[PDB]
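The structure to be discussed contains 9cUAB30.
Each chain is given a letter, A onward, matching its sequence line's place in the list. Chain A is numbered as in the PDB entry; shown residues: 228-244, 262-458, in order. The PDB entry numbering applies to chain B: residues 228-244, 262-458, in that order. All residue numbers given for chain C refer to the PDB entry; the residues shown span 686-696 in order. Going by the PDB entry, the residues shown for chain D are 686-696, listed in order. Side-chain atoms are counted along with the backbone in the values below, which use heavy atoms only and exclude waters and symmetry mates. Each ligand, and each atom within it, is numbered from 1 in the order the structure gives.
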Amino acid sequence: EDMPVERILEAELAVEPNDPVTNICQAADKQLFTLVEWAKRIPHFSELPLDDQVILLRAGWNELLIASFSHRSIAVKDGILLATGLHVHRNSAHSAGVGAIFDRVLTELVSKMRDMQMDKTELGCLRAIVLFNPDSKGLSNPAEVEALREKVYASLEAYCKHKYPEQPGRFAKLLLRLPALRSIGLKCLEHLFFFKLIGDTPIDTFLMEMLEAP
Amino acid sequence: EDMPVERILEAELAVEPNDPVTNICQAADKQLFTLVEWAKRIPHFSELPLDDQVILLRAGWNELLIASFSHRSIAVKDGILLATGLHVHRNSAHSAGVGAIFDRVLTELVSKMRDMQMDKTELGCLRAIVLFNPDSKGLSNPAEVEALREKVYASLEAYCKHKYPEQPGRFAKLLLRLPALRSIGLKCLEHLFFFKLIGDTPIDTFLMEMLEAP
Amino acid sequence: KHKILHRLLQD
Amino acid sequence: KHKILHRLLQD
Ligand SMILES: CC(=C/C=C/C(C)=C/C(=O)O)/C=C1\CCCc2ccccc21
Ligand SMILES: CC(=C/C=C/C(C)=C/C(=O)O)/C=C1\CCCc2ccccc21
């Protein structure tokens, strides 16, 4: 109820028109501020208690950002396009020690998003589903978050089948990329925590705040 | 094509009619042999090249087993029912140092499977979708595995909406537990690797084989 | 805690 | 490698 895909699509269009690792961390920090402005544009999100808004974002930021630069890199050859306008080629990532995780992003996300031609509306809805993670610990009202999530995928499915009537399995195919997103998210965080530990690799304030406890 | 939910349901019914950690590891080993017999009953699985059958099982065993004992524990109070006929109460797990992960299983899987009354057919189909993981590295023909996965959730969706016409979002709700399953799977493996490292906690041969490289 | 985040969400 | 698994699948 009251979860039009048009509003979700608008949120996407509104926020987005030498060590590769350092470039990635700087881009993540920059995009974190934008993530907040994007979340605010997602229907009913801002109406949630401030505390729950913090929980949802702290719990989904990495997956939310990974989903965005991955879809943004669909046209890119063998690599990704950072929000800073910089390109990180698969070989550059490999020569920095993050080749394994980088390839997972290209194989499981980038490539797959390209094969099915995932559009911005679908992308936005998937990110909205991630944002509304009912499993996020601390939620003062998990049931409510679960309600918003069901409205998002209810609208997404309607979008599909209607825009792509010929593809009855598109809806499920879209949701079936969430497991990979969760796995890739978790691995990327592990790397970030190691970079922070080693001391090397410059980490900005907002990104550093996200690596805080819990 | 040729992926009837009846066959999947039959696979489930055919394979299943003091340290809590040690009890869990022994149950996992026992269930690993059964997992193979179950996979063989899943349509088209045995027709895949032996090598790909190994890749798929090695990559999904933990999630496959977690999904099974979780659904099997829906009637259990605050805990789970092991295949060995033994019960592990939430307090017992907590007193063994695995309280955090144990609660995630109860909150994200057990409880949620109970709230929506997930049936055996639905459970089987979800496990069949996990088995057919097209992202499993090494697959000689990932496209084929992807095909089987699409037939499973195509049949599952048909099952739903027909058995539960009143619940149009049931299908998506079912698939939306896969992200949590992936996360819980990854954490459980991390624990297993630590138990193996510390030397304590008896680990049987088949379970030990699964903790091998890659 | 989470100083930056709270501030951005507040505005 | 994966001795036990191969054997079980083979039968
Ligand atoms: C956590 C994370 C955030 C990325 C944010 C970006 C790059 C946003 C953007 O530019 O749009 C991703 C990481 C951070 C950890 C290292 C890494 C390696 C390969 C691919 C991704 C990553
Ligand atoms: C990897 C794994 C396998 C479990 C298999 C079982 C218990 C099968 C069964 O009895 O049906 C689960 C673990 C193994 C690691 C420790 C752990 C802690 C809490 C809950 C689960 C687990």
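For 9cUAB30 (ligand 1), the chief contact partner in this model is given in the PDB entry as Retinoic acid receptor RXR-alpha. Chains with a heavy atom under 4.0 Å from 9cUAB30 (ligand 1): A.
At least one heavy atom of A/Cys432 sits less than 4.0 Å from an atom of 9cUAB30 (ligand 1). Protein non-hydrogen atoms do reach within 4.0 Å of atom 9 (C) of 9cUAB30 (ligand 1).
Looking at atom 6 (C) of 9cUAB30 (ligand 1), its nearest protein heavy atom turns out to be A/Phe313 CD2, 3.6 Å. In chain A, 9cUAB30 (ligand 1) lies within 4.0 Å of these UniProt 9-cis-retinoate-binding residues, judged by heavy atoms: A/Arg316, A/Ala327. Within the 4.0 Å heavy-atom shell around 9cUAB30 (ligand 1) one finds A/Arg316.
Residues of chain A contacting 9cUAB30 (ligand 1) are mostly from the UniProt domain NR LBD. The PDB records the biological source of chain A as Homo sapiens. Within 4.0 Å of 9cUAB30 (ligand 1), counting heavy atoms, one finds these UniProt all-trans-retinoate-binding residues of chain A: A/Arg316, A/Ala327.
Which parts of 9cUAB30 (ligand 1) touch A/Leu326 is read off a 4.0 Å heavy-atom cut-off, strictly below it: atoms 7 (C), 10 (O).
Between A/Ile310 and 9cUAB30 (ligand 1), no pair of N/O atoms sits closer than 3.5 Å.
Proximity to A/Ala272 (heavy-atom distance under 4.0 Å) selects the following atoms of 9cUAB30 (ligand 1): 3 (C), 4 (C), 5 (C), 6 (C).
In this structure, residues within 4.0 Å of 9cUAB30 (ligand 1) (heavy atoms) are A/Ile268, A/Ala271, A/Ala272, A/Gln275, A/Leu309, A/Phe313, A/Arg316, A/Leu326, A/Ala327, A/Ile345, A/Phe346, A/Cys432, A/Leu436, A/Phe439.
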